[PDB]
**Student:** 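Sharing a structure: amiodarone in complex with Voltage-dependent L-type calcium channel subunit alpha-1S.
Chain A is the first sequence line, chain B the second, and so forth, proteins listed ahead of strands; every chain is numbered from 1. Contacts here are counted within a displayed part of the entry, not across the full deposit. Every number for a ligand or one of its atoms is a count from 1 in the order of the listing. The analysis underlying the following values was restricted to heavy atoms, covering all of them including side chains, and did not include hydrogens, waters or symmetry mates.
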Amino acid sequence: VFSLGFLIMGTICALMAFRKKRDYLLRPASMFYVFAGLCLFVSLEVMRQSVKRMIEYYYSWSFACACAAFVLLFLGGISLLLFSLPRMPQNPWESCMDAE
Amino acid sequence: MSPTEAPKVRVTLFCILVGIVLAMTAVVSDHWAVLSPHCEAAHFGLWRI
Amino acid sequence: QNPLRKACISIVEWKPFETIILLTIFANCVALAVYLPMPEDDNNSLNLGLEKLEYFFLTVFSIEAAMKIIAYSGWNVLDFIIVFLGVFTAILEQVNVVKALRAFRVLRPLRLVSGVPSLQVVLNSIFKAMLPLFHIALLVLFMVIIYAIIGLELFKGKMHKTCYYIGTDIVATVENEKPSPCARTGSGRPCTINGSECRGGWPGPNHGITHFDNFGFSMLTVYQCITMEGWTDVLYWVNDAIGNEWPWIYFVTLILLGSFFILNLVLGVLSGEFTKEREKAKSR
Amino acid sequence: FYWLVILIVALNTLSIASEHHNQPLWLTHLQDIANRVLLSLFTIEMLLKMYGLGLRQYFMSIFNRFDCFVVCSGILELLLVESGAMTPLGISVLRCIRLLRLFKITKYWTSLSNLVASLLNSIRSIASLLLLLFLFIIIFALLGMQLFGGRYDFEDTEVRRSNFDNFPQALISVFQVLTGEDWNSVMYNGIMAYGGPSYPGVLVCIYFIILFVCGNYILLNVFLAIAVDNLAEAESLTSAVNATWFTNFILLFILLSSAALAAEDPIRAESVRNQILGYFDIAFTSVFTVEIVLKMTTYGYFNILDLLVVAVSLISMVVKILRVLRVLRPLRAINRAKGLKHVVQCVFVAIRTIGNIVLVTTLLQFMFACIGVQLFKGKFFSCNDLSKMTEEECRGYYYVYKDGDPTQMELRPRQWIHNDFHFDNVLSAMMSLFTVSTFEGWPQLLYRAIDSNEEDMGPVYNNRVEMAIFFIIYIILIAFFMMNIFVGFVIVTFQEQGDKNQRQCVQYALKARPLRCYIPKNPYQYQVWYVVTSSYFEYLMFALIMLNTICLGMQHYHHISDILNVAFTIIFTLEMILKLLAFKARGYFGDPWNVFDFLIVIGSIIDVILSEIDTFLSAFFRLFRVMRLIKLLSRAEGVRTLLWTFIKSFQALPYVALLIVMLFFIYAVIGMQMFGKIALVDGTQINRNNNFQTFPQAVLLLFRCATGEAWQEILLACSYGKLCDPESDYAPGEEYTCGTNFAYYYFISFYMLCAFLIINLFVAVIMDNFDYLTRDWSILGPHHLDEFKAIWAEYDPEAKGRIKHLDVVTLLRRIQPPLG
Ligand SMILES: C#C[C@]1(C)[C@H](O)[C@@H](CO[P@@](=O)(N[C@@H](C)C(=O)OC(C)C)Oc2ccccc2)O[C@H]1n1ccc(=O)[nH]c1=O
Ligand SMILES: CCCCc1oc2ccccc2c1C(=O)c1cc(I)c(OCCN(CC)CC)c(I)c1
Ligand SMILES: [Ca+2]
């Protein structure tokens, strides 16, 4: 439920970023997505530990589902964070927080 | 303004939307932990088992 | 300062007196080289002979220092501190009728540099080629501290189980294998020796030296890994302790950053300083 | 006579190189006889030149100077042959001076004459720097003798050759630590000589750390200076189907096919995964077959590569050579990518540029291998127990006492073993010297050579300590001097291909843009902006970061850290609230460092909540508190600038790194095909942590080999003698048939290629940074212009072009005299 709350916060941040030239809000939304996915991964890890401490198990439908969800959220958040950041300077005159 | 309407950002946002909807649907589908005692396969999940 | 009442001993310095001092420094270095250390306060005839000869060098150095101080600097204070330590050790030795204080005698060869201007300016240049490396050294220390803390929080008290024999305190290994950590009912490594079992109470892999138990030992093993001399052993031991899925990230990233990137930085800065010095001296 | 004398020299070097251990009697007779005729020919050639050119001008060249020495030494040796020459080591060392006539091959290369002239000019500086280094080594050897001399009295039977018992051994140990090979074992021995891993015992590691750091710094200084300066003088005197969619699809298919090839199962020939991989491979080949036919219908050196790849793929729908020849698929990307082709061409041009040093180094290594053959021919044999000195004595069984206890016995058969790296012939000697030049296992070879007793006899402990001169001289000459010139050659060569200060300044002025400062209104918020932006706040929170780092290092194995964690988390959360209030969340996220702080504080809050919920009723979330002192980087301007410039240089040239990635990929796949069926046995170099069974394991093995670990041990671990894996499919009766002798080529070629590529990448990054690296920090630089931009933003909140004319007057006072 903490992870889905983080997802909700990220969704509202992304929605607010599009309107009235609020371009700066794409970074907090990406970070919220990253943390929500990370909570999801640690939740599935604790579930794997619980099923281990309980013969052999099998992952067919929902474990790969949750793993794909975690990978999608993590990679999407990281890519959005990297894309929102303007650029590496690469030039002595160029630097961050410049004039657009 | 430039990184808002970029197609790459749109692709990443679409992937994030797919991931979030998949995770939302996956919080109920408890079909990942199956234990065979050895015909007593179980369905272990977050909410209900 | 003082009038011509004591400065009657400044006339031999202009004479090639420094050559005799250089030769006696070389003789003292040779005497230091031929000394044979012995365990548990043992000696031979030669060591006793060299101990008596040590006073001959001390007297010469002391009279030379007293002769130069009366007639009259960074490199002369070094001679003074060496001679003071020598005379202090000689005084202490004959009144307590410790050997650790004798380690100061390895500073005598520095007087060879002190007596030759060529090595003097060479050492000066080598020191002068070190100031630009300050930022690199700061970055190295910063990375070492971060990686030591990360290893402290990740692998603390994990490499303390190895497979002993059944009911004995003997570590179970094979012909050409060093002892490695072990894990029972986990993701680590289970021991495959027949009459062996995994239990704790094990000081560590390298006689208790290589582990992330506290900050000092974590720093030591991180520094050892950064030199790339035995980092694979640490990685393999951590893999045996906890599993070979995560730790490779830590160790490979440490090797890539603290070893290759740092070496590239050092080489670049040194090459830049060398080229700058050559271009500055070209116009001269 | 030029070609005649070169032919005589070639015959002489062939006769020298033909000598080995247990050679037939006819070979010995021929080599004995061939010495006389060739010496006579040299004498005859000398006498003709004595009249052709005269007795006076013949001695004005060092080229013909040593010929007289060579011929007179040969005559003297031949005359003393008939005497009673005992001491086989002595007669061997008088056979060593017969090898100085190998320099007639070096005598023919005139392209090294410009370099050697600078060496002869700067011989005094070379000697001075080497003398300073030698004095440093002497001082540290004396210190080690004082510290660890006579303190290695361990009751166990373990042998520790690298000790400080006397001056030669202390010098050898200090040199070994200086080379960095197995220095940690020496450090462990020194630590355990004292109490051990206790408070006063571990402080002796300071000696080893200081020795390593200072010696490596001195070594870099001396050798880099010599190489770069002498090579600069040497060069200075020298100068006096067509759409982008289709090609993108093809490249994606190249990547997919490479990934499918990489993730195979070499151990199981018939497996579930292998069939799916074969289906994917034939599906990919079907697409590539319809792609080559399309190209040739519209057109008539790179397409034949695709044709050959498709042919060898379709031929599968020694009979397995073509199975390993499909590792050429990643090489299909060279033509598609212009940058990849350009960097491949550049590295080939660099390879062809460096051709003289490689040849002279190989030839000098050949002479050193000949000397090593003369010195250690047959002397690298041994028995299981060192009490049996001969092959006939080393038979039967003997007792082995484990842990040194005389009451714990075990029986082992006695076998006459031969060292893996020896000097029996020129090829084995060259392999041993190549292993030595990589600083891998060279102490073992050194100590085996010191104990070398006789032609067919076992070792004698500390028999010949003077044999360390050979190894030390070889390391200094080859692994130190010529290797540094090779590195220095690339540096100056790339510097050649690399006013201008005014051009850079005018380019900065033309292309500069102002940066935002975010001066806030609403004076109630202006007060919090003033308190936040004040240097006192940043000093206070730098102190708090330092305190948090200090508290983080206080944890140890065998609860107060919990409350301090919460306290620090709350303090940083209050920072985040205050910054958001001051910057109104608009300019706060414009700074990447503030984004990093947001990420760190959110991670720390989640970690604290997780710890609390665990206490009410995951290990890696604690790493967020470690990254807190990463934000300390924003205050160190020099460190941040250096990191930024080198990072952007690495970003600038990604194709040079892609060459290394492709090399690793190709070699890993080849290794899985070749050595993937070797069983994992403890006590060997192929085990659970080091193998070729999976692609990640092969890549890790190659990376370990790149970083100069025990790669020659891995090379020996795969040579046609290894037990095959039980799950692998092999015919019954034979199990010890896994491994190939191809491992020698594999590992040697990989080591050379990886070293060259890493050197190329490092020099490329250095030359990219050279604008910043060779910068005068006094005349003028971009830092002054950045400070001017900062003060402008101080006087101008928003960019909005320029500012009022009256406001221009005051800011020129703040401009430094170097700029204004
Ligand atoms: C001898 C020698 C060295 C002590 C060391 O053995 C070598 C390592 O790199 P390398 O073997 N290059 C290729 C094979 C490569 O892939 O590097 C990895 C294997 C590390 O050779 C040189 C590299 C740069 C300049 C000159 C030679 O550098 C020298 N060193 C290093 C650090 C230092 O602080 N002080 C120094 O003197
Ligand atoms: C097509 C690429 C060929 C590269 C190459 O060919 C050589 C022929 C003779 C001698 C050296 C080379 C060479 C190297 O690039 C090379 C080889 C070695 I070994 C080497 O030293 C590695 C070990 N090092 C200590 C870790 C010793 C200085 C270095 I640096 C570069
Ligand atoms: Ca090594």
**Student:** Indicate which ligands or chains correspond to amiodarone.
**Tutor:**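 It's found at ligand 2.
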**Student:** Which other chains have one or more heavy atoms under 4.0 Å from any atom of amiodarone (ligand 2)?
**Tutor:**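 Within the heavy-atom cut-off of 4.0 Å: D.
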**Student:** Please list the residues near amiodarone (ligand 2), using 4.0 Å as the heavy-atom limit.
**Tutor:** D:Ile351, D:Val358, D:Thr362, D:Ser437, D:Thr438, D:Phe439, D:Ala479, D:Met483, D:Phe486, D:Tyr751, D:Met752, D:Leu753, D:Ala755, D:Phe756
**Student:** Would you mind listing which atoms of amiodarone (ligand 2) come within a distance below 4.0 Å of any non-hydrogen atom of D:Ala479?
**Tutor:** 28 (C)
**Student:** At what distance is the nearest protein heavy atom to atom 25 (C) of amiodarone (ligand 2), and which residue and atom is it?
**Tutor:**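 Result: D:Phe439 CD1, 3.5 Å.
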**Student:** So which heavy atom in the protein is nearest atom 16 (C) of amiodarone (ligand 2), and how far is it from that ligand atom?
**Tutor:**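 So the nearest neighbour among protein heavy atoms is D:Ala755 CB, 4.1 Å.
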**Student:** Under 4.0 Å from a heavy atom of D:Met483: which atoms of amiodarone (ligand 2) are those, numbered in the order shown and with their elements?
**Tutor:**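 Counting from 1, the qualifying ligand atoms are 10 (C), 11 (C), 18 (C), 20 (C), 21 (O), 29 (C).
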**Student:** Under 4.0 Å from a heavy atom of D:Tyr751: which atoms of amiodarone (ligand 2) are those, numbered in the order shown and with their elements?
**Tutor:** 22 (C), 23 (C)
**Student:** Quick one: look up the protein heavy atom nearest atom 24 (N) of amiodarone (ligand 2) and list residue, atom name and how far away it is.
**Tutor:**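 The answer is D:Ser437 O, 4.1 Å.
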**Student:** Using a 4.0 Å cut-off to any heavy atom of D:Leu753, which atoms of amiodarone (ligand 2) qualify?
**Tutor:**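 Reading through amiodarone (ligand 2) atom by atom, the close ones are 1 (C), 2 (C).
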**Student:** With heavy-atom distances below 4.0 Å as the criterion, list the atoms of amiodarone (ligand 2) near D:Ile351.
**Tutor:**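 Once the distances to D:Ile351 are compared, the set is 1 (C).
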**Student:** Counting only heavy atoms on the protein side, is anything nearer than 4.0 Å to atom 3 (C) of amiodarone (ligand 2)?
**Tutor:** no
**Student:** So which protein heavy atom does atom 26 (C) of amiodarone (ligand 2) come closest to, and at what separation?
**Tutor:**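 For atom 26 (C) of amiodarone (ligand 2), the nearest protein heavy atom comes out as D:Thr438 O, 4.0 Å.
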